[PDB]
**Q** 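Structure of pyrimethamine bound to Bifunctional dihydrofolate reductase-thymidylate synthase - open in front of me now.
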Amino acid sequence: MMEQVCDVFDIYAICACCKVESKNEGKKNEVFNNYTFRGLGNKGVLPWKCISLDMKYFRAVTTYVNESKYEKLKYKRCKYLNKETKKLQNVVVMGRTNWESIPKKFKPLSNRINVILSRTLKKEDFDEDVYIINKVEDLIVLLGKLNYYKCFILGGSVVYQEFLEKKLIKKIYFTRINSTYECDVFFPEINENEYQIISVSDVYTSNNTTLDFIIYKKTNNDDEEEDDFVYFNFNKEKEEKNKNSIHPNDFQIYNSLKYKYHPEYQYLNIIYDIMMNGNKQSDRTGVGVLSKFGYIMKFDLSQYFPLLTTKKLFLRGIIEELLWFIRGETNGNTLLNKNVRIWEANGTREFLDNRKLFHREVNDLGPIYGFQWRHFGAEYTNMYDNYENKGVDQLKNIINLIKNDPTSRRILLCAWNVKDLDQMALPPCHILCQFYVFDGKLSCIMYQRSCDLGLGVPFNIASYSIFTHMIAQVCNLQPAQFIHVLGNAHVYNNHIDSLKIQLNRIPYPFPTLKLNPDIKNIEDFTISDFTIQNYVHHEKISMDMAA
Amino acid sequence: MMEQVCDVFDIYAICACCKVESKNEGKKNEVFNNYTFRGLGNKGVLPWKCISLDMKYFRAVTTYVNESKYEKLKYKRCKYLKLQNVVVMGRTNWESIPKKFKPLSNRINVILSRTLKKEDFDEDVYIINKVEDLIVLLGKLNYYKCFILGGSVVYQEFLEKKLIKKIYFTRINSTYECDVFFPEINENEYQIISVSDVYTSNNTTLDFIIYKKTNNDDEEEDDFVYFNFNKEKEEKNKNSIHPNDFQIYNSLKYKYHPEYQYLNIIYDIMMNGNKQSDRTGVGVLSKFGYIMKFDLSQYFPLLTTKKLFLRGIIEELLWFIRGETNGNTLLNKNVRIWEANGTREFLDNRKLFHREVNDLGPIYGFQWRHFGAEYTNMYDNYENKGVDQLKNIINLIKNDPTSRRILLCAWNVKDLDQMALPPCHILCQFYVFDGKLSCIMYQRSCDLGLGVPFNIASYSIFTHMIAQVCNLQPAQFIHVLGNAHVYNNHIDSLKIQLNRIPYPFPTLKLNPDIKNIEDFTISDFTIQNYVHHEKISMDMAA
Ligand SMILES: NC(=O)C1=CN([C@@H]2O[C@H](COP(=O)(O)OP(=O)(O)OC[C@H]3O[C@@H](n4cnc5c(N)ncnc54)[C@H](OP(=O)(O)O)[C@@H]3O)[C@@H](O)[C@H]2O)C=CC1
Ligand SMILES: NC(=O)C1=CN([C@@H]2O[C@H](COP(=O)(O)OP(=O)(O)OC[C@H]3O[C@@H](n4cnc5c(N)ncnc54)[C@H](OP(=O)(O)O)[C@@H]3O)[C@@H](O)[C@H]2O)C=CC1
Ligand SMILES: O=c1ccn([C@H]2C[C@H](O)[C@@H](COP(=O)(O)O)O2)c(=O)[nH]1
Ligand SMILES: O=c1ccn([C@H]2C[C@H](O)[C@@H](COP(=O)(O)O)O2)c(=O)[nH]1
Ligand SMILES: CCc1nc(N)nc(N)c1-c1ccc(Cl)cc1
Ligand SMILES: CCc1nc(N)nc(N)c1-c1ccc(Cl)cc1
């Protein structure tokens, strides 16, 4: 073989990039890609004030060392140099401009061997314990003479540019700051053919912005308790049911990722599990699906708003549906007048007649969600009736229980009214919501009996995450977790090709949801009280590509 | 000497033991322990006809080899004195193996004996005269691992001479006639390191456990550490629960036994649960949202780390099916599950001043058979009133098996205040695929210590019942927990329970003649081969 310099001396690059203030030349239908995150700095300093989580991450990565692994690292390097043979520390290299941006109390960077690249400055110009080098090659010379774990290139742009340039980077620890700031310096555009993403972290919120961490890798080129594992799997199937009908070769990017910790993967992995292990069934006359039974997803609303990023989604419609529910409405015309067609097909003359609702007016969806939420138990008449003080106002009741009896285990909202089922345009999919309160934080579990993974679920996750935010707010609580329990989870065969494409896309840090803070009652929300900020997503996809 | 013979030459023991019958009692024991499983053979052959899974397991283990790991041992071995494994058995044992299957293929067969014509068999079939002579035969061969296949006499000698590093023990959870037994294993000398998943093979459940002698690439490895840079150092309640008390639990490497889905939740709630003085002043540790799945086709999930009785919960189930709400019916059968919820004082505090004692209101049974009807009293005739959900789900399962609307719901929002108390088991949803029925039950409130164990058994039984009257085979029972909690008063008992190793699960047998959900009677249910640890009082309050 022919050892590569970056491999022998373990040279890595670590950075943090925000989005750049681009000029809206006429289309807000912005096209997003990895290059969306490229802002490095502005006016000699970072573009942002303080994002402490990234600092913590930066410090942890650049200071972490594994002494037990060094003995191996040393041998490799000496062998490479043909020179067969104080806590261990990592080396950090940075441009002069980067060095000058660091506050005096933080330089030199603690527990790290600091190296600075410069031409205009010499060792005499520095009081600190640091190594000065005037050219990339000197670093390689220095590294061959030092005892260190790993080497991290900290920037700036010029420094990144030349290192990536000479392919002296083994991996790029890239922090994606999902917010926009003014920038004058940028990270070099990464050659998609020279570097591939191999891992994505969980998403977090720090100093009013979400962010995640991804890793780019450079293109290709007791043991007795380990056998017990092999024995215990003596009775496993070599393959997966639909493997031959799906072909893993199609999920190259998806399978090539080592660490998939981004929350969106809970959704993506379920899609994958169903495609590979789902049972073939025939739900509605003709149409076919792949199905599984029993899944659970958890989204941390305090850290992000889980709006899928591997495809484009709009929320105006589902928000109006939600306000429609809250108003206790069952009149489909209200949504149609706002150009929301979610329920249009379930309210036609033909659809109603086939549900045996011959005496139901067009678009009168019957005692569905809204009616059940505000009047469960009342006798449904028509969509124009005034059901004031009729039935059980569940909504009002759960809000009251959350405010005065937070530890109660009976805080549930249920739409599955067994008596009214046949009067509904169709039985509800979202059976119930149960709330949980701890230390001023509100969590919600929603049980879905039937789940269309390809089309519905994406919207369903958003609907209830927003609802949890709304309920938390009017009860003076902070949103915590939104827990989605899936009963019959299916993938329509018509969606397969589209989901294959989606599964090979890498998620972007999630966006955030902002609610007008003045709203103190669940019934006072209007469409303009909701704001989805920093939504970065891939190209929209039609689940079924029929034409 | 830091390590001895067994560790040096890697000598393992592999066996399969069934339970033994006694001319004293039938199939019901009083006390159970690891020695419960000790049946090795009967009249020169195995106690049982055929258990193909154990045969498959035995074969897979005795033949498996990892050549890229050999020299690691070879080095250590010599530094003391197609790669295959070595198998040692007694003559009597060798005599039982059939001709066509003898000698054991792909393995180095050795026969410990005293009177064997070493010239009557090929040289590929080694023979030793004494236990301590095997160490000599190993120092000359190229083998990966050495497996002692018995028999009883052989095991005994090897165990006494402490030449056993590990014991791959198959627990056959059924009884047979035996005349030979496995030597009682000294717990002080050996400890269970791993327990597999539970299986059913040839009409018996069994699992595999591993005994261990008490000794008393990197690229993405660092990346793993970086992604955990924000993870909490210690566990929320470490100090209060003290993980050191769970030595056995923590000492187990592989915990694949289904009972661990339950046990792990207990552990997770203890270690990470949120302290909440929820109700009555009584404290609890709570978490939100868990899911357990049990394979009813392979076993009945009746907890074995403690003793559980089922007559009570079966009668409750039949009571639900009859659509009853009369607490007295149960009390007169000494089923007191609902007694506290039906007293004058409890009803009055529920504001049910006009409700008769033990008249629980429109609860489970009423909703199951009459959802929507107007509840009057527990004695009224409700025939043809309200929606009969039970009848409907059964018809849906039979006539429209792929329906995604097969739900049985007890949470009738309109009747909640009229019930002695709102249902904990909100609903059941069914799934039918390839002649198999699965069930999901969503529980809003879960008392991990007392309730959940019974809840699991209760709905597993119900799944079997529905499946049978629909001519389907039961598949999975899926348990979804909402507010999952451990009462503080149960903590010490659960600590004890968490350190007990599960036994292979029992099986449930229903009278096969019952084909209508309403025709079941208490005598139609039987639990078989229930092996369990001694009962535990969750509330140790004397
Ligand atoms: N968010 C993030 O992850 C990062 C943000 N930044 C930001 O970007 C800005 C700095 O980036 P940038 O302007 O490109 O400056 P750099 O930090 O990259 O420094 C460039 C300078 O360093 C020296 N240098 C670089 N290469 C060599 C070489 N081969 N030989 C000798 N000397 C060399 C020279 O200094 P000299 O003049 O002495 O000759 C040169 O002018 C700051 O605003 C900073 O806050 C930077 C890195 C990461
Ligand atoms: N379920 C399971 O996992 C197992 C079941 N079994 C069952 O148990 C029965 C066999 O056990 P068992 O009756 O004890 O007979 P064994 O298989 O243990 O063989 C005993 C005989 O082997 C030779 N032998 C054993 N130890 C020594 C020694 N130290 N030195 C010299 N020779 C030795 C002697 O034969 P010789 O007469 O030539 O002197 C001795 O009489 C069978 O019915 C079999 O099916 C056995 C093992 C495992
Ligand atoms: O909010 C919703 C509403 C519907 N569906 C899907 C699930 C099923 O694919 C179909 C409804 O069919 P039934 O389960 O009612 O048969 O719509 C969702 O995923 N989310
Ligand atoms: O079948 C049952 C019935 C009750 N409980 C428990 C859960 C709660 O600890 C208590 C009911 O109290 P509330 O959740 O209603 O407050 O009983 C179970 O675990 N299983
Ligand atoms: C804490 C910011 C930060 N986060 C990440 N992920 N990478 C980096 N390279 C830096 C960084 C930028 C400039 C200097 Cl001068 C030092 C470090
Ligand atoms: C397949 C039975 C089996 N299963 C297990 N788990 N262990 C064993 N030691 C044997 C066994 C019994 C008698 C002979 Cl002669 C050979 C092997």
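Numbered from 1 within each chain, the chains take letters A, B, ... in sequence-line order. According to its header, this structure was worked out by X-ray crystallography, 2.3 Å. Order of listing sets the numbers, starting from 1, for every ligand and every atom in it. Only this structure's heavy atoms are used, side chains among them; waters, hydrogens and symmetry mates stay out.
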**Q** List the ligands or chains that belong to pyrimethamine, copies included.
**A** ligands 5 and 6
**Q** State which other chains have a non-hydrogen atom nearer than 4.0 Å to pyrimethamine (ligand 5).
**A** A
**Q** Which pyrimethamine (ligand 5) atoms does A/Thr175 reach within 4.0 Å, using its non-hydrogen atoms?
**A**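 Per the distance check, 6 (N).
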**Q** Name the organism the PDB gives as the source of chain A.
**A**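 The deposit lists Plasmodium falciparum.
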**Q** Measure the distance from atom 3 (C) of pyrimethamine (ligand 5) to every protein heavy atom, then report the residue, atom name and distance (to 0.1 Å) of the closest one.
**A** A/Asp54 OD2, 3.4 Å
**Q** Return the closest protein heavy atom for atom 17 (C) of pyrimethamine (ligand 5) as residue, atom name and distance.
**A** A/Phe58 CZ, 3.5 Å
**Q** Closest by any non-hydrogen atom to atom 13 (C) of pyrimethamine (ligand 5): pick that one out of A/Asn98, A/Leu211, A/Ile172.
**A**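 Result: the heavy atom closest to atom 13 (C) of pyrimethamine (ligand 5) is in A/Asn98.
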**Q** Using a 4.0 Å cut-off to any heavy atom of A/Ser101, which atoms of pyrimethamine (ligand 5) qualify?
**A**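 This gives 15 (Cl) as the contact atoms.
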**Q** Suppose I only count heavy atoms of A/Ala16 and a 4.0 Å limit; which atoms of pyrimethamine (ligand 5) are within that range?
**A** 4 (N), 5 (C), 6 (N), 7 (N)
**Q** Tell me: protein heavy atom nearest atom 7 (N) of pyrimethamine (ligand 5), and distance?
**A** A/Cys15 CA, 3.2 Å
**Q** Any idea which residues from other chains are within 4.0 Å of pyrimethamine (ligand 5), non-hydrogen atoms only?
**A**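 The heavy-atom cut-off picks out A/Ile14, A/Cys15, A/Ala16, A/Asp54, A/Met55, A/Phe58, A/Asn98, A/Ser101, A/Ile102, A/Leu154, A/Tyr160, A/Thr175.
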